[PDB]
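The next PDB entry has CB3717 among its components.
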Number of protein chains: 2
Amino acid sequence: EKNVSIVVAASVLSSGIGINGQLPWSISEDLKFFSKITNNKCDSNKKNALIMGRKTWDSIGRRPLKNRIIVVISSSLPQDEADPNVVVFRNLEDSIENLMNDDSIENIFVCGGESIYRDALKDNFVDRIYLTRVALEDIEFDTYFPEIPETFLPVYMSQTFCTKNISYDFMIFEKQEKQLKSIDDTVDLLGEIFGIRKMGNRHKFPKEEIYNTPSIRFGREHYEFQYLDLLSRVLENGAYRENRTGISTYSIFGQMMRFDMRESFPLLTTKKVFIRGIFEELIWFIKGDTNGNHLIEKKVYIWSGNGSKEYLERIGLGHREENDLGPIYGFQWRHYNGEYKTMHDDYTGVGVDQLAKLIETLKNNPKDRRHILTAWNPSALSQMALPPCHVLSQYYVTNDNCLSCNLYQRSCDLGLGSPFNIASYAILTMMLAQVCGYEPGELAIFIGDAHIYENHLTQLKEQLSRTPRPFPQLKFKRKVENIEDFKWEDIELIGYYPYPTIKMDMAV
Amino acid sequence: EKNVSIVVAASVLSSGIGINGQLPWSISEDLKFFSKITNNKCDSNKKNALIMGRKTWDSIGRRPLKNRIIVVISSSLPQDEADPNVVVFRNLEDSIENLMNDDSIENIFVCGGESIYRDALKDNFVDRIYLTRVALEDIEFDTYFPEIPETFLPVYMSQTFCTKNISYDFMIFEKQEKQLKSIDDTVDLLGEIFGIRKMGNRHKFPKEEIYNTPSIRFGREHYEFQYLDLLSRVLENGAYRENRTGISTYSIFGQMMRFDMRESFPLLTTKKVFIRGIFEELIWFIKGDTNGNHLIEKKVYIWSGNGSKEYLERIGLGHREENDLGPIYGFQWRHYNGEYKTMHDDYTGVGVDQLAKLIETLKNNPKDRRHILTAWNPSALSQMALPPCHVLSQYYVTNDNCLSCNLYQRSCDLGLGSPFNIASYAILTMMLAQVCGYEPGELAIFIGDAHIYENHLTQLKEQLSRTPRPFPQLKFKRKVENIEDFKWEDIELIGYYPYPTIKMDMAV
Ligand SMILES: NC(=O)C1=CN([C@@H]2O[C@H](COP(=O)(O)OP(=O)(O)OC[C@H]3O[C@@H](n4cnc5c(N)ncnc54)[C@H](OP(=O)(O)O)[C@@H]3O)[C@@H](O)[C@H]2O)C=CC1
Ligand SMILES: NC(=O)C1=CN([C@@H]2O[C@H](COP(=O)(O)OP(=O)(O)OC[C@H]3O[C@@H](n4cnc5c(N)ncnc54)[C@H](OP(=O)(O)O)[C@@H]3O)[C@@H](O)[C@H]2O)C=CC1
Ligand SMILES: C#CCN(Cc1ccc2[nH]c(N)nc(=O)c2c1)c1ccc(C(=O)N[C@@H](CCC(=O)O)C(=O)O)cc1
Ligand SMILES: C#CCN(Cc1ccc2[nH]c(N)nc(=O)c2c1)c1ccc(C(=O)N[C@@H](CCC(=O)O)C(=O)O)cc1
Ligand SMILES: Nc1nc(=O)c2c([nH]1)NCC(CNc1ccc(C(=O)N[C@@H](CCC(=O)O)C(=O)O)cc1)=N2
Ligand SMILES: Nc1nc(=O)c2c([nH]1)NCC(CNc1ccc(C(=O)N[C@@H](CCC(=O)O)C(=O)O)cc1)=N2
Ligand SMILES: O=c1ccn([C@H]2C[C@H](O)[C@@H](COP(=O)(O)O)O2)c(=O)[nH]1
Ligand SMILES: O=c1ccn([C@H]2C[C@H](O)[C@@H](COP(=O)(O)O)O2)c(=O)[nH]1
């Protein structure tokens, strides 16, 4: 037997791979990959064979590839005994005698051409596939990688990467057909004896019917699986509970998520997110605004519910204006400990400006361990339309001049609250970094009460039924002098190709 | 071939298994385990031989064990053809023949007894060794397990369990002799290509030279490993960097640790922990004290350093008395936003009782998601001997009436700070529970700057060279009617057997 792997790079949505004999994009790390993969081998005294269509041979330059043997499939091309590091065959099946001898060849890579992929697949010759998904999708194509036959299952998806503002993943479908017992069993037994008494059982591993792309067992790199998995994790152990809202949830306590911000922008793809809204709110915070209306005007309604005459009236703040939200986030960011009257007053100069002292210590003293911004002020709470969920964040300058962020969130609405929460604090960290001359670090969100509203069940289950695409890229069209200066227009969202929106009602 | 595992239960410290023919303790769950392991089989038509020395046969009642076959090793016992579930052999080596036929016997267990254990081992008959460590060392024994030969390596260790106040582990030692590549390779490659651009590379798996009990790969269940590893994980990616003191540290950002409290007390065993200090400080906080003297008088000198006049002066608080630390934790706990004057004043009635409320909230509103207690108050930081390190915590009542805790720490000194932070916060929860009538739940700790001070390495290296023993148990001797009434006398620390104490100087 001998191994056969396809190696290709297609657009994320339509699988385009070619245009007028050329690749539709130029990503050097990808070829660097293609090289490393096609070339990796055990027997130093052996070489890998890369089968490829002629039309490709032409694009390749009709010149050999170092250390390897090119194998062209053509009907006209002459079997040239001239170069020993290339050879022609009249058809794909015949070419696949590399196994049947030529014991010098260790592995075999089907190396592309729409025609040459489709056939290597139809005739069932390939075992693995090394698929590079390129985020970028709105530009003419004439060649296309086929539809990965159902006999193939994703077993790896690398983290999203970026080159020239083009995002891309490296995932490797394998075709399957067909640590020790000791430990797994000892634990299973100890699991029966002791019951809920063994913490292990309090945290059970999600069932496959609620696991997103369950075929990807050991290589869930893509940091979207940090949320899709927390999702499925409460869906498994979430304990049913009532709460103030009137809509019971399923909740565990003490979770964590992570995100890379260097090569991508953790805007979920398994569902189309309201990015603009996410923004107009985050800026609303930075400005230190608390007038719910200033968002209704830019057509953002995330803060109507917890805002209204009726709700207000109901929680003890009916003395409040239709939409005066009291000293919520922002007022606490820009005016800590300020004596709040109404959303109409001029609060300038009152209260501690955390945000400001933050930027200031950020750039003046980087390795300081007190880059904290908080929103939990006991003295205030009762006046707020709702207490702080993202309660306190802490910011951290790496040695390589990168800004990392840590957020604690007491109550996380995995359905509606989180997607926004992950994005927002990404963006705020970038703005923060751009203003202090540093670049995106990482993102860690620590949740206390991670829950799912019972009326978000059929939805989150669909979302979990979608395989993650590459995270897009977020860019600022200009550098600003003051952090409170950004505008929606100053933002470039590049390469966002999410699944359609999933409608979910809010639990007021 | 055919497997031969040793099953035994010995005291943590001296491996005591015997006393006047009786097990020196009675733990049903342990026996339950034994029954489960010696019955674990694959072929419904086969059985497992359990080998024991006569002396044990006697202790077990000379009655057969359901579903298994007992093999007694004795010189005088007759070869009674009477029972078909029991049989006698003259010498161990003999016996084990078993094997050399009886395709009926699927697995073999040496159910032990000092004389047989020793001999079973010396002649290299045993493949595995299931060992139940029992946290009670201070009783007289007369029979011991032998010393596990070097040829054996621990591959698993269970979390600590508790029965009748007795703490114990379940671990399994395997004997050494001699994922799917495709991924570990595609990931290693992308690792070369991309560099520190691939997040995975900024988080690198610790090297064996610094990994605790590295033989335990997939079975690191003990929750001492939640800290022992965080340690070995900065020791790997720890970015060297300066800070306000003369001692620099190696740090990473965004780490997490988990601890059970339902069956144990996360007191580090790898080294002897000042527990009485951890306490006195906590009770100090609870009372809402800020006079660092009160700790000195009780022979607790942790707040000496950050309290000296030479220090207070150094940070611009020279107007402060010898040890008035200011509105640090406790004043923030019991008097949030209180206008701090001196440590001798009467703050009763001033500020916000967070603790007070936290309690009335835990009792009257459990499912409430705003169970929160903060110490980070922007307005007070300035006049604060040292800013808040355990910055905020959130508490959580399970559906089965257990109290859980979550802590965000902005700056964690894994050398000295963390250890205390883990305990001091176990305890506080347990206390809160005994006062709201709940039982301990889980404890999670989300860290920010996780660092090591560069003058702790030789120490933490030592600590790390030690195999963690089972966690102790901590119970209260009386039910206080008011949280602040607790006293050290009230604490019972049962089953603590930590390795020698490790000296480490603090960085003022
Ligand atoms: N994203 C990726 O990984 C890759 C993308 N691409 C893109 O796709 C394009 C290549 O696709 P495509 O144009 O289909 O070229 P192909 O890779 O399909 O090459 C097919 C060539 O092989 C010969 N051939 C086809 N069938 C047979 C047969 N049965 N027997 C003998 N010879 C045969 C043909 O020449 P003849 O008429 O002489 O038989 C033809 O020129 C390129 O433009 C490139 O941009 C290419 C490779 C990889
Ligand atoms: N904690 C735990 O998991 C366990 C603890 N224990 C404790 O340890 C003690 C074990 O008893 P101990 O006497 O030390 O050992 P055992 O009782 O296991 O075995 C000794 C008996 O086995 C026979 N025997 C063993 N080896 C030989 C041999 N080579 N040739 C002939 N006969 C042999 C002897 O019979 P004879 O003298 O007639 O030749 C002797 O009576 C028990 O008292 C028990 O309390 C026991 C099992 C498990
Ligand atoms: C988190 C957070 C901040 N907030 C503030 C906020 C206020 C009250 C809340 N109440 C409850 N029960 N859960 C919340 O998440 C929540 C969040 C948000 C509020 C609403 C939406 C929301 O309804 N999003 C919908 C609407 C999208 C659209 O308008 O097109 C969505 O599908 O994303 C998002 C964020
Ligand atoms: C954490 C925390 C609270 N605190 C307060 C506190 C204040 C400033 C700090 N500063 C730094 N750099 N690290 C700290 O751990 C630290 C801790 C502690 C302070 C000291 C010790 C300490 O010296 N422990 C020694 C002493 C043991 C003994 O003599 O009994 C130890 O080995 O355990 C522990 C806790
Ligand atoms: N995954 C993948 N990515 C691609 O860009 C790609 C692909 N597969 N399959 C075919 C193809 C088009 N043909 C070719 C032929 C040769 C090289 C090439 O440059 N090979 C060198 C790369 C060395 C480098 O880029 O540093 C090699 O090392 O083999 C690239 C594409 N391109
Ligand atoms: N590791 C270890 N732990 C033990 O507790 C232990 C051990 N090894 N080896 C021998 C032993 C004592 N042997 C036995 C044998 C039978 C019973 C019994 O009456 N019933 C069960 C024991 C546990 C249970 O109650 O289920 C049995 O297996 O026979 C008890 C102790 N106990
Ligand atoms: O930043 C935010 C805004 C609020 N919510 C969700 C969390 C809880 O579902 C919710 C309800 O409120 P509380 O009962 O926890 O206060 O709003 C978020 O998840 N994150
Ligand atoms: O609960 C505690 C008490 C303080 N420290 C240590 C952490 C740092 O070494 C120092 C905090 O000083 P800053 O550099 O973070 O301001 O004290 C702890 O680790 N944990």
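Alphabetical chain letters, starting from A, follow the order of the sequence lines given. Residue numbering for chain A follows the PDB entry; the residues present correspond to positions 3-180, 192-521, in that order. Just so it is clear, chain B uses the PDB entry numbers, and the residues here are 3-180, 192-521, in order. Note that ligands are numbered from 1 as they come in the structure, with each ligand's atoms numbered from 1 the same way. This entry, so its header tells us, was determined using X-ray crystallography, 3.2 Å.
- CB3717, all copies counted: located at ligands 3 and 4.
- Looking only at contacts, the largest set of contacts to CB3717 (ligand 4) comes from what the PDB entry names Dihydrofolate reductase, DHFR.
- Heavy-atom contacts below 4.0 Å between CB3717 (ligand 4) and other chains occur for B.
- In this structure, residues within 4.0 Å of CB3717 (ligand 4) (heavy atoms) are B:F287, B:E294, B:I315, B:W316, B:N319, B:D426, B:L429, B:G430, B:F433, B:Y466, B:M519, B:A520.
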